[PDB]
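Heads up: the structure comes next, in C-alpha cells.
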Number of protein chains: 2
Amino acid sequence: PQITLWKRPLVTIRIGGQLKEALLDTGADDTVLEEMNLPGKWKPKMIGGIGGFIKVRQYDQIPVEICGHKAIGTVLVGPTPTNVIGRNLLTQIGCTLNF
Amino acid sequence: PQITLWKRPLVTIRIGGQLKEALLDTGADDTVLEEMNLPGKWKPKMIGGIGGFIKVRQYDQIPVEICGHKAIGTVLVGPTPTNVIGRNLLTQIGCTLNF
Ligand SMILES: COC(=O)N[C@H](C(=O)N[C@@H](Cc1ccccc1)[C@@H](O)CN(Cc1ccc(-c2ccccn2)cc1)NC(=O)[C@@H](NC(=O)OC)C(C)(C)C)C(C)(C)C
C-alpha cells in the first residue's frame, strides 16, 4: 500500500499470532516493542532515542507480520511509549520512501 | 526519488544558507536539528521520544530545501542525537511510505 504521513504511520502487526498497532519508522535502526512477555532466550541491550538510552531485551528470529507482509528478525522489548517497526523489518517487506 | 531502507535514509538539506545532512524520519512528528543558529525568534519547547524528554528551541516558518524540494515550517533545535526530518516537513515535500 501507500501510507501518507499526515498522521502517524501506525499499522497493525501480528506477533505471536496476536495483533498490535505499530509505527512504521524510517528513523529507527531497530524494531522496538512495548513490554510484552515473549518466551525464549534474550540478550540485554541498550538503545538510544531522543531522550537518551533505555534497557531492552533482544529477541532474535521473531516472526512479525506487518500489514499482511511477513517478516522475521530481531525484536527489542522494553519501556518504549510506542511500538516501533524499524529498518531491519521494513526492508524485508520492501518498504521505500517516495517523493 | 525512491529511497530504500537497507541504510539510514540520509539526505542533504539546505537551511539558513548552510548545507547539512538529516534523516528522513517517518516516526517523528516534528523536525529536530542539532544545536545551531537560526534567524528570528524562538520559543522554548519540550519533545519526547525513547529515553525521555529534551528541551528544544522552536523556530517557526523556516525555509528548508530537502533534496531540492522546498518546505517552510517549524524546525526544532536542540540536543537531538541526530538531525531528523519529521512528518511536518515530509508531508510538505509529498513524501509517502510504499510497500
Ligand atoms: C510524538 O513524539 C515523537 O514524534 N518523537 C520523535 C521520536 O523520538 N521518534 C522516534 C520514535 C518514537 C516516537 C514517539 C515516541 C517514542 C519514540 C524515532 O522516529 C526517531 N528516533 C531518532 C533517533 C535516531 C537516532 C538516534 C541515535 C541514538 C544513539 C546514537 C546515535 N543516534 C536517536 C534518535 N529514532 C530512535 O529513537 C531510534 N534510534 C535509533 O535508530 O538509533 C540509532 C529507536 C526507535 C531505534 C530507538 C522525535 C522526538 C524525534 C520528534
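Below, chains carry the letters A, B, ... as their sequence lines are ordered, and counting in each starts from 1. Whatever order the structure lists ligands and atoms in, that order sets their numbers, starting from 1. FYI, side chains are in, hydrogens and waters are out, and symmetry mates aren't considered; it's all heavy atoms of this structure.
Picking from remikiren, atazanavir, amphotericin B, the molecule at ligand 1 is atazanavir. Here, the chain sharing the greatest number of close atom pairs with atazanavir is referred to in the PDB entry as Protease.
With heavy atoms closer than 4.0 Å, the chains neighbouring atazanavir read A, B. At the top of the distance list for atom 3 (C) of atazanavir, counting protein heavy atoms only, stands B:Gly48 O, 3.7 Å. Those atoms of atazanavir that come under 4.0 Å of a heavy atom in B:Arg8, given as number and element, are 43 (C). Here the protein heavy atom with the shortest distance to atom 37 (O) of atazanavir is A:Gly49 CA, 3.2 Å. Closest protein heavy atom to atom 32 (N) of atazanavir: B:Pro81 CB, 4.0 Å. Annotation: atom 4 (O) of atazanavir to nearest protein heavy atom, B:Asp29 N, 3.0 Å. Within the 4.0 Å cut-off (strictly below), no protein heavy atom is located near atom 30 (C) of atazanavir. In terms of polar-atom proximity, A:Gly27 is counted as a contact of atazanavir, with an N or O under 3.5 Å from an N or O of the ligand. Given atom 17 (C) of atazanavir, the protein heavy atom at minimum distance is B:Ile50 N, 3.7 Å. Of all protein heavy atoms, the one closest to atom 50 (C) of atazanavir is B:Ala28 CB, 3.8 Å. For atom 18 (C) of atazanavir, the closest non-hydrogen atom of the protein is A:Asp25 OD2, 3.1 Å. Organism of origin for chain B, per the PDB: Hiv-1 m:b_arv2/sf2. If you check which protein heavy atom lies closest to atom 14 (C) of atazanavir, you get A:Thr82 CG2, 3.9 Å.
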